[PDB]
*Asks:* 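Structure incoming, see below.
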Amino acid sequence: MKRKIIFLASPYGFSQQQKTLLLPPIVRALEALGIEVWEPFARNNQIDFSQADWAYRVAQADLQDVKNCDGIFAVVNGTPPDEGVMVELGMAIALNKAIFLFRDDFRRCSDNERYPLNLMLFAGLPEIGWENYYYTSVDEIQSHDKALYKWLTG
Amino acid sequence: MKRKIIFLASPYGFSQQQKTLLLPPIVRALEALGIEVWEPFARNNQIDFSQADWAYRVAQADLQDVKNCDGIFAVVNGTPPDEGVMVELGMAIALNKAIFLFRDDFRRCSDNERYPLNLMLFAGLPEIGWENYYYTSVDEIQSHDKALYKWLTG
Amino acid sequence: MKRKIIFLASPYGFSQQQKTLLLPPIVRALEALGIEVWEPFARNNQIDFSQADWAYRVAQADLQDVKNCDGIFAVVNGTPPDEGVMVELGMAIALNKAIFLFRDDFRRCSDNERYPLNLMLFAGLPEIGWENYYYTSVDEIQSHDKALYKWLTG
Amino acid sequence: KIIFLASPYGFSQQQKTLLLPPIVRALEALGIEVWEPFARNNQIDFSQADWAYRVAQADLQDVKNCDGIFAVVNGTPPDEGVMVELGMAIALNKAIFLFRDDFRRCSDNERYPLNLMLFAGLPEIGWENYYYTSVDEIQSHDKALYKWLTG
Ligand SMILES: O=c1[nH]cnc2c([C@@H]3N[C@H](CO)[C@@H](O)[C@H]3O)c[nH]c12
Ligand SMILES: O=c1[nH]cnc2c([C@@H]3N[C@H](CO)[C@@H](O)[C@H]3O)c[nH]c12
């Protein structure tokens with residue numbers, strides 16, 4: 001028995017209130033599906049401005065977590081999405097990880113008409129049916145008709 | 001020198017004035033080193049708001065050029081850096097491509113004291129000496145003492 | 001039972017989870033100081049992409065509330081802070097309103113070294129002791145040693 | 001007669017020397033005395049802690065003493081200092097002119113290409129006459145900046 005591993009990428013650890021109120025409900029949503037959630041702010045233990053001697057080790061721990069996970073769950077909220085989440089999203093695409101995006105932000109920050117965001121954030125997703133991997137609410141995370149559930153059971 | 005391939009990832013194509021006045025001087029500086037420059041805005045015909053039936057091909061073209069290149073020259077100006085540049089930069093790190101960063105913007109948009117930006121942008125760079133890969137002037141691109149020159153002669 | 005009015009500018013209404021979990025604790029902390037809180041998302045019914053005919057109404061509602069308040073409490077989280085918050089902040093500075101800033105985000109997104117953000121966000125604040133108007137935690141709003149309590153006590 | 005040119009173009013050394021002068025020339029060609037803050041305040045590098053407040057009050061007084069603002073609202077999202085100086089110009093009833101040649105959309109609505117609060121000082125109808133999408137439109141006679149000088 002080995003549960004699937006999801007790297008939960010988000011900018012929510014940068015804010016004290018967001019870290020304590022927004023991440024735990026998302027973590028619970030994924031693990032009600034049996035997932036082992038790798039949350040980088042708690043794992044790599046970054047709670048304030050990372051010191052000069054600590055910044056490389058945090059980057060390497062996030063680099064290694066992306067290499068050793070099965071899928072990424074990228075909170076792509078904000079205008080624009082957080083640049084650290086994007087670096088790790090591109091690493092997950094190049095390494096053929098399962099890709100899932102989350103944005104409950106109704107603002108559109110896009111360079112095209114087909115996607116709500118920059119089109120490169122969707123390069124790792126199919127041309128038709130990418131919306132199945134695009135979650136717009138925390139309640140939607142556990143939908144048995146969406147891609148994350150079908151990736152665990154399929 | 002070897003005629004290496006550089007993928008020039010930048011947001012300068014989104015603005016009419018920047019595509020005309022800012023991108024050509026950077027392309028000329030890279031070509032002055034004997035580099036084959038893959039500039040995606042002209043190489044993939046990203047002229048304006050990408051149509052819906054065209055966005056998936058623009059994404060996959062950027063993705064293929066990152067896979068088939070030798071290195072990436074990421075213009076990481078802005079607060080924060082462009083999310084499309086950040087995705088393409090994440091792909092290059094995971095594919096073990098050469099990494100070179102460009103920022104002549106003097107604003108600091110960082111989460112740490114070591115690096116001037118989010119530390120994940122430097123994950124593919126060495127712990128010591130990453131400054132040699134970090135360019136803060138167009139004129140600094142053709143310096144022998146910087147990593148892009150040494151990369152060509154090795 | 002005279003009661004000072006504070007306009008609470010934040011980007012938190014753009015995300016479903018942020019509007020539900022982050023704003024109520026902040027409104028609570030202000031109301032516990034006897035403050036009267038005008039919250040634009042609650043007052044304007046802006047719950048998704050505003051219609052074309054509805055967008056100008058929202059614009060004039062955010063505008064009149066700033067003009068008729070006694071002070072603004074600006075949530076200036078994010079890299080960079082929300083541009084609508086920044087417009088409403090400059091209005092309050094221009095109208096000699098009381099200014100209070102909130103940021104529990106530890107990222108530095110600044111053009112200088114004195115302030116943790118762009119220097120113009122502190123133009124309406126004193127050159128010395130501006131930190132007294134700068135809140136970095138929800139638990140800090142109650143502090144009688146900080147400028148919000150003092151502004152309420154004359 | 002006086003336009004304050006709010007832009008983030010002074011933050012990049014390449015952008016300050018290549019992008020701002022062409023915009024300054026067009027505004028002056030219409031007959032406007034341009035107030036460019038990065039040059040007017042002769043400061044362009046991570047402002048010394050002892051200088052940052054002075055730079056803030058200098059531009060704060062420039063928006064108070066100008067006749068209108070020309071705000072380069074390019075980028076996703078637009079620069080925060082530009083937006084602060086914009087909201088001041090709106091509260092002080094100054095003339096409002098916006099410039100965005102960036103073809104990316106970053107709005108919270110459908111009518112306006114950006115956050116609807118950048119257009120609070122513009123009319124509900126015909127706000128697009130104040131919205132410039134290219135440098136070769138600054139000198140357009142059918143646009144609000146020329147009509148603003150002709151009474
Ligand atoms: O200071 C930090 N501490 C921990 N993780 C990160 C990261 C990585 N990038 C993402 C946020 O930028 C986050 O999900 C994490 O994997 C950037 N900066 C920090
Ligand atoms: O180095 C500077 N010199 C002059 N003004 C500014 C500012 C002020 N804030 C705004 C930031 O874009 C800018 O347009 C100007 O009004 C920031 N940095 C500088």
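Naming: A, B, ... by sequence-line order, numbering from 1 per chain. Just so it is clear, the values below take in all heavy atoms, side chains as well, and ignore hydrogens, waters and symmetry mates. Indexing begins at 1, ligand by ligand and atom by atom, following the structure's order. Recorded method for this deposit: X-ray crystallography, 2.5 Å.
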*Asks:* Which drug among tiazofurin, forodesine, estradiol occupies the position at ligand 2?
*Replies:* forodesine
*Asks:* Trying to figure out what forodesine (ligand 2) is stuck to here - the chain with the largest number of contacts. What's it called in the PDB entry?
*Replies:* Nucleoside 2-deoxyribosyltransferase
*Asks:* Name the other chains in heavy-atom contact with forodesine (ligand 2) below 4.0 Å.
*Replies:* C, D
*Asks:* Distance to 0.1 Å, residue and atom name: give those for the protein heavy atom nearest to atom 10 (C) of forodesine (ligand 2).
*Replies:*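 Protein heavy atom at minimum distance: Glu85(D) OE2, 3.1 Å.
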*Asks:* Considering heavy atoms of the protein only, find what lies nearest to atom 18 (N) of forodesine (ligand 2) and give residue, atom and distance to 0.1 Å.
*Replies:*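 That would be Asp111(C) OD2, 3.2 Å.
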*Asks:* Under a heavy-atom criterion of less than 4.0 Å, does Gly10(D) contact forodesine (ligand 2)?
*Replies:*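 The answer is no, since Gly10(D) has no heavy atom less than 4.0 Å from forodesine (ligand 2).
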*Asks:* Looking only at distances, please establish whether an N/O atom of forodesine (ligand 2) is found under 3.5 Å from an N/O atom of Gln43(D).
*Replies:* yes
*Asks:* I'd like to check whether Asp79(D) has a polar contact with forodesine (ligand 2), where a contact means an N/O of the residue lying under 3.5 Å from an N/O of the ligand.
*Replies:*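 Right, the criterion is met.
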*Asks:* Could you help me figure out which residues touch forodesine (ligand 2) at a heavy-atom cut-off of 4.0 Å?
*Replies:* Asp111(C), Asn118(C), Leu119(C), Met120(C), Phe4(D), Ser7(D), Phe11(D), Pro37(D), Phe38(D), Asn41(D), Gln43(D), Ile44(D), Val55(D), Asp59(D), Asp79(D), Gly81(D), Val82(D), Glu85(D)
